[PDB]
Amino acid sequence: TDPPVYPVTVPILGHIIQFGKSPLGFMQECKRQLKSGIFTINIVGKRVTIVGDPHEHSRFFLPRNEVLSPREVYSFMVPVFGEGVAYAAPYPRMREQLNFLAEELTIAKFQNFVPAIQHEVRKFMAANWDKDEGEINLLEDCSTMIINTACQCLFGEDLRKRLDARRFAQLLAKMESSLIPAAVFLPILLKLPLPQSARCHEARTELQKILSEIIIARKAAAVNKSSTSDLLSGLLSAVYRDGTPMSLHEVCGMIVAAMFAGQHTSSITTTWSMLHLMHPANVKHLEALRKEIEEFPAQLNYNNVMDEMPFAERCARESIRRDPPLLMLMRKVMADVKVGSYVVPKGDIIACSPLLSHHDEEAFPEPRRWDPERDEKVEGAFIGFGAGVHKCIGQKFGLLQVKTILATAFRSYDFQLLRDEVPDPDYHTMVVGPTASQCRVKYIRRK
Amino acid sequence: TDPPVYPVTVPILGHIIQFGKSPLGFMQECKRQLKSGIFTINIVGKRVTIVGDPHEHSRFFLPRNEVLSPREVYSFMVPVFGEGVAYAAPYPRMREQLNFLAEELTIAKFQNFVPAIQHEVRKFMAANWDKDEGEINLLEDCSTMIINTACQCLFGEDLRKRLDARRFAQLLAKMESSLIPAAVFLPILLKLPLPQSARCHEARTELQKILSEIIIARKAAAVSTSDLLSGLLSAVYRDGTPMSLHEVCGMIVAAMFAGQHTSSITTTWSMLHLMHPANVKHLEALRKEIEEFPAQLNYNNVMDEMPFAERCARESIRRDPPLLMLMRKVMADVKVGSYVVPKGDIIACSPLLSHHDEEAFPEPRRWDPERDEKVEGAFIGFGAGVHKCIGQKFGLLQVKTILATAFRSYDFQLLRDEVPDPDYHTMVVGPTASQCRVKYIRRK
Ligand SMILES: CC[C@@H]([C@H](C)O)n1ncn(-c2ccc(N3CCN(c4ccc(OC[C@@H]5CO[C@@](Cn6cncn6)(c6ccc(F)cc6F)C5)cc4)CC3)cc2)c1=O
Ligand SMILES: CC[C@@H]([C@H](C)O)n1ncn(-c2ccc(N3CCN(c4ccc(OC[C@@H]5CO[C@@](Cn6cncn6)(c6ccc(F)cc6F)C5)cc4)CC3)cc2)c1=O
Ligand code: HEM
Ligand code: HEM
C-alpha cells in the first residue's frame with residue numbers, strides 16, 4: 001500500500017540535486033523506472049509523494065484542508081502575505097480572505113478592464129517599441145506590461161497618483177526577493193537573519209504607510225460627497241463572519257498576494273504565447289490568431305476578448321499546458337489518504353505536478369509539441385490553474401490580460417525569434433518561465 | 001546649548017556595559033561628574049539624553065507626540081500589540097486606540113470588580129496557602145493571583161470557558177518571548193527572523209481564532225455580560241469605522257501585559273516591605289486600616305477608604321519603579337531647562353533616577369509609606385502628561401485588594417535578612433525571583 005520510493009543514491013540530500021538539475025526528466029525517469037504513476041521521492045529527508053497519474057488528480061485536488069493542508073508547505077510566503085494572512089491564518093479565516101479577493105476578481109468586475117489594459121499596452125509600445133524594427137527582451141517587456149495593466153485595472157486613480165506601477169513593482173520586487181522557496185523542505189531557513197528580510201519588511205511598512213494615507217484622503221473626500229470602486233475599497237468593505245472588518249495589514253497582504261500571483265504567471269503565459277506564435281513552425285497558428293482579430297476595432301471591448309477570442313485562449317491554455325508556470329502544487333498530508341491503489345501516510349508532503357502530468361503520453365500525445373488545436377485525452381489532466389478546493393481564483397483576469405495583449409500586440413507587430421528554437425524553460429525560479437537570456441526578439445511595426 | 005556628554009571609553013558599544021552593570025549608580029555618577037541633572041549618554045552609538053532633574057520633568061511629559069514621539073522607541077512592542085497597532089499606527093489612530101482602552105479602565109466599569117478579585121485571591125489562598133505554615137515563592141504567587149484576577153474582571157464567562165487564566169498566561173508568555181528590548185538601540189533586530197521570532201505569531205493567531213469563535217457565538221445568541229472585548233467591539237473611530245479583530249486583540253493583550261507585570265511586582269514589593277521586621281510599625285498601620293472593614297470588601301472600601309495601603313503601593317513603586325526608563329524620540333529641537341536637546345536624540349526620563357534624587361526623596365533606599373515628594377512632580381512611577389498611565393486605577397485596585405485580603409488572614413516571614421535586591425535584567429523590573437521565598441503563617 002506504500003507507494004514505491006525511488007532508490008536514494010546520495011546520502012542526506014536525497015534526490016534534491018537530480019530533481020533541480022532536470023525536474024521533467026527526473027520525474028519521467030521515476031514514473032518509468034518504478035513502472036508506476038504514483039511514487040515517493042526524498043528531498044532533504046522529507047518524503048514527497050507525487051500523484052503523477054492524471055486519472056488520480058482528484059485524490060489531491062478535492063480532499064479538504066483539514067486532510068490535505070496548504071498551510072505548512074506554503075509558509076515561506078509569509079513575506080508576500082504578512083504573518084497571520086492567507087495560508088498562515090486558520091482555515092475558516094483563510095477561506096474568507098481568499099473569497100473576498102476572489103469576488104474582487106470576477107468577470108462581473110471587468111466592465112472597464114479591456115480599455116484599461118489596452119491603454120497601458122499601447123503606452124508601453126509607443127515608448128519602447130517605437131522604431132520600425134528593434135531588439136527587446138520579450139519576457140522582461142511582457143512582465144512590465146502585465147504589472148502596469150494589472151495596476152491600471154485594480155488600482156483607482158487616487159491610488160495610482162501616489163503609487164504608480166513602476167513604484168509598486170519596485171516594492172513588490174523588494175518583498176519577492178525575501179522569498180526562500182527551499183524553506184518548504186528546510187524550514188530552519190525561515191529562522192536565518194538574512195538581510196533580504198529587512199528589505200522586505202521595509203517595503204511592506206512603506207506600502208502600508210502609503211495605503212493608509214490614501215484611505216484617509218478617501219474618507220476626507222467621502223464626507224464632502226462619494227463614487228468609483230477598486231480592489232482596495234472592495235476589500236476595505238469586506239466584513240468577516242464575525243462582526244469585523246479586515247485590518248490594513250490583511251488588506252495589504254491580499255493586495256500584494258493578488259499582484260504577485262498575477263505578475264509572473266500571466267507574463268510568462270504571454271511570453272510563451274508570443275514566442276510560440278512567432279515561431280515559423282506555427283505560421284498556420286499565427287494566421288489563425290490574425291483571422292480571429294482581423295475584424296476588430298482599434299479599441300477592443302469586453303465581448304471581443306471574453307466571448308470572441310477562443311483561439312487566443314487556446315493559445316494561452318496550451319502555452320501553460322506545455323510549460324506550466326507552477327511546476328508543483330503541494331500539501332502536507334494530515335491523515336492517511338488513499339491514492340490509486342496506495343496509502344499515503346500522515347506526514348508526507350504530497351504533490352501534483354502540472355509539469356509531469358501535462359507530459360503524460362496517454363493524456364497529451366507529443367507533449368513537447370505546442371498545439372493550440374489540441375485537447376486533453378484524459379479527463380482533468382490539464383491542471384495549469386489547479387483544480388478543487390484551491391482552484392486559481394484569478395484565471396479569468398489573467399487570461400483577459402494575456403488575450404488583450406496578444407490581440408493588441410499582433411495587430412500592430414510581427415516578431416522574429418533570434419534563435420532557431422523556442423526558448424528552453426528555466427526551472428531555477430519559483431515561478432517558471434522561458435529562459436530570460438534566450439528571449440531577445442526583434443519587433444517589426446506594420447505597413 | 002548642548003547637554004554635556006559623558007566621556008565615552010568603549011568604542012562601538014559606548015556606555016551599554018557600564019549602564020547594564022549598574023543602571024542607578026552609573027546614572028548618578030554622570031549626574032555628579034557633569035554637575036547637571038540633564039546629560040547625554042551613548043548606547044551602541046545612539047545618543048540618549050536623560051532628563052535627570054526632577055525640576056525639569058515637565059519638559060519630557062507635556063509636549064505632544066509630534067515634538068517628542070513614542071513610536072520609534074516603543075516599536076519593539078510589536079510582538080504584544082500586533083502589526084500597525086498602538087505605537088505602530090499613525091499618531092491620530094494610536095491616540096484613538098489608547099483612548100478606547102482608557103475608557104475601558106475608568107472607575108465606572110469597576111462596579112463588580114472587588115468581589116471578583118477577592119474571590120480569585122481567596123480561591124488562590126485556599127488551595128495554595130492552605131496549611132498553618134508553608135513556604136512559597138511570593139513573586140510567582142502574586143503573579144498567578146494577578147493573572148487570575150485580571151481575567152476574572154476583564155473577560156466574560158464565555159471567553160473564560162475557552163481560555164482560563166492558565167491558558168491566557170501561556171499565550172501571553174509566548175508573545176513576550178519574542179520581545180527584544182535592545183531593539184530600541186538596534187532596530188535592525190525588528191526586521192530579522194531570530195529563532196524566537198515566530199512564537200508570538202503562533203500565539204496571536206490562536207488567540208484571534210478563539211476571539212472570533214467567541215464573537216460568532218455571542219452574535220448567534222444576541223437575536224449584563226458587558227466586558228473588555230464587547231467594549232472594544234463597540235468602539236467607533238472618529239472616522240466612520242470599527243476596530244478589526246486584530247486591533248481589538250492587540251489592545252486586550254497590551255492591557256493584560258501592562259497590568260500583569262507592574263501590578264505583580266507592586267504587590268510583591270509591598271508585601272515584602274510590610275513583612276520585614278524593620279517595618280512592623282507600618283504593618284500595624286495597615287491592620288488598623290484593614291481591621292475596620294467587613295470580610296466582603298467593595299468598590300468604595302479599597303478605592304476611597306484605604307489611603308495607607310495606597311501609600312504602601314506607591315512608595316514601593318517609588319523605591320523600585322517597575323519601568324526604569326521612559327523614552328521618546330525627539331522629532332524637533334526641544335529646550336530642557338537651559339540646554340537644547342537636538343533633533344534625533346532619544347530623550348529619556350528615568351523613574352529610577354528621579355525617585356533617588358535626595359532633594360525630592362531623602363534616604364531614597366528607605367521604604368517609608370508615610371513620606372511625600374519634597375519636589376512637586378518628582379514621583380513618576382505612573383508617568384505623566386500626554387502619556388500618563390491609564391491603568392493605574394485598575395492596577396492599584398488589584399494590588400490593594402490583595403494586600404488587604406492577604407494580611408487580614410496571614411502573616412509572612414522573609415526567609416532572608418533583607419528585602420530582596422531588584423533585578424534589573426528584565427524589561428519590567430521586579431525583585432529577584434529567587435530571593436522571594438517566603439513563609440506564610442495563618443493567623444489565629
Ligand atoms: C544545491 C542544491 C540546489 C540545486 C539542486 O543544485 N537547490 N537547492 C534548493 N533547490 C530548490 C529550491 C526550490 C525548489 N522549489 C521549492 C518551491 N517550489 C514551489 C514553487 C511554487 C510554489 O507556489 C506556491 C503558491 C501556489 O500558487 C501561488 C502562485 N500563484 C497562483 N496563482 C498565480 N500565482 C499563489 C497562491 C496564492 C496566492 F495568494 C499567491 C500566490 F502566488 C504560490 C510553491 C513551491 C518549487 C520547487 C526546489 C529545489 C535547489 O534546486
Ligand atoms: C541580549 C538578549 C536579549 C533578549 C531579550 O534576551 N536582551 N537581554 C536583555 N535585553 C535588554 C533588556 C532591557 C533593555 N532596556 C530596558 C529599558 N527598556 C525599556 C523600554 C521600554 C519599556 O516600556 C515601553 C512601554 C511603556 O509602557 C508600557 C509598559 N506599561 C505601561 N503600563 C504598565 N506597563 C506599555 C504602554 C502601553 C501599553 F498599552 C502597554 C504597555 F506595556 C510599555 C520598558 C523597558 C528597553 C531597553 C535593553 C536590553 C535584551 O534585549
Ligand atoms: C494566468 C496565469 C495563472 C496561472 C497559470 C495560475 C495558476 C494557479 C494554480 C496552478 C493554482 C493552484 C494552487 C495550488 O493548488 O497550490 C492557483 C491558485 C491561485 N491563484 Fe492562480 N494562476 C494564474 C493567475 C492568477 C491571477 C491573476 C491571480 C490574481 C490574484 C491568481 C491568484 C491565485 C490565488 C489567490 C490561488 C489560490 C487560491 C486557494 O488556495 O484557494 N492566479 N493559480
Ligand atoms: C502598578 C501598575 C502600573 C504601573 C507601575 C504603570 C506605570 C506606567 C508608566 C510609568 C507609564 C508611562 C509610559 C511612558 O511614559 O513611556 C504608563 C503608561 C501606560 N500604562 Fe501603565 N502602569 C501600571 C499599570 C497599568 C495597567 C494595569 C495598564 C492597563 C491595564 C496600564 C496601561 C498603560 C498604558 C496603555 C500607558 C501609556 C499609553 C500612552 O502612551 O498614552 N498601566 N504606565
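Per chain, numbering begins at 1; letters A, B, ... match sequence-line order. Atoms within a ligand are numbered from 1 in the order they appear, just like the ligands themselves. If you check the header, you will see the structure was determined by X-ray crystallography, 2.6 Å.
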Asks: Okay, my shortlist is darapladib, itraconazole, posaconazole, rhizoxin. Which one is at ligand 1?
Replies: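 Among those options, posaconazole.
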Asks: List the macromolecule sharing the largest contact count with posaconazole (ligand 1), named according to the PDB entry.
Replies: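 By most contacts, it's lanosterol 14-alpha-demethylase.
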Asks: Which other polymer chains sit within a heavy-atom distance below 4.0 Å of posaconazole (ligand 1)?
Replies: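 Other chains, by heavy atom: A.
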Asks: Which option out of A/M330, A/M430, A/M77 puts a heavy atom nearest to atom 45 (C) of posaconazole (ligand 1)?
Replies: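 Comparing heavy atoms across A/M330, A/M430, A/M77, the nearest one to atom 45 (C) of posaconazole (ligand 1) lies in A/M330.
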Asks: Which atoms of posaconazole (ligand 1) have any heavy atom of A/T265 under 4.0 Å away?
Replies: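 Counting from 1, the qualifying ligand atoms are 33 (C), 34 (N).
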Asks: Numbering the atoms of posaconazole (ligand 1) from 1, which are under 4.0 Å from a heavy atom of A/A257?
Replies: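 It comes down to these atoms of posaconazole (ligand 1): 39 (F), 40 (C).
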Asks: At a non-hydrogen distance cut-off of under 4.0 Å, which region of A/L326 contacts posaconazole (ligand 1) (side chain, backbone, both, or neither)?
Replies: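 It is the side chain that touches posaconazole (ligand 1); the backbone stays farther off.
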Asks: Looking at this entry, which organism is chain A from?
Replies: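 For chain A, the PDB records Trypanosoma brucei.
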Asks: A/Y87 near posaconazole (ligand 1), heavy-atom distance under 4.0 Å?
Replies: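 Yes, that is the case, since the closest heavy atom of the residue is under 4.0 Å from the ligand.
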Asks: Out of A/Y74, A/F260, A/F81, who is nearest to atom 38 (C) of posaconazole (ligand 1) when you count heavy atoms only?
Replies: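 The nearest heavy atom belongs to A/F81.
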Asks: Out of A/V431, A/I17, A/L189, who gets a non-hydrogen atom closest to atom 6 (O) of posaconazole (ligand 1)?
Replies: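 It is A/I17 whose heavy atom sits nearest to atom 6 (O) of posaconazole (ligand 1).
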Asks: Any chance you could list the binding-site residues for posaconazole (ligand 1)? Cut-off is 4.0 Å, heavy atoms.
Replies: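 Counting heavy atoms, the site comprises A/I16, A/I17, A/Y74, A/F76, A/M77, A/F81, A/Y87, A/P181, A/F185, A/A257, A/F260, A/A261, A/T265, A/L326, A/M330, A/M430.
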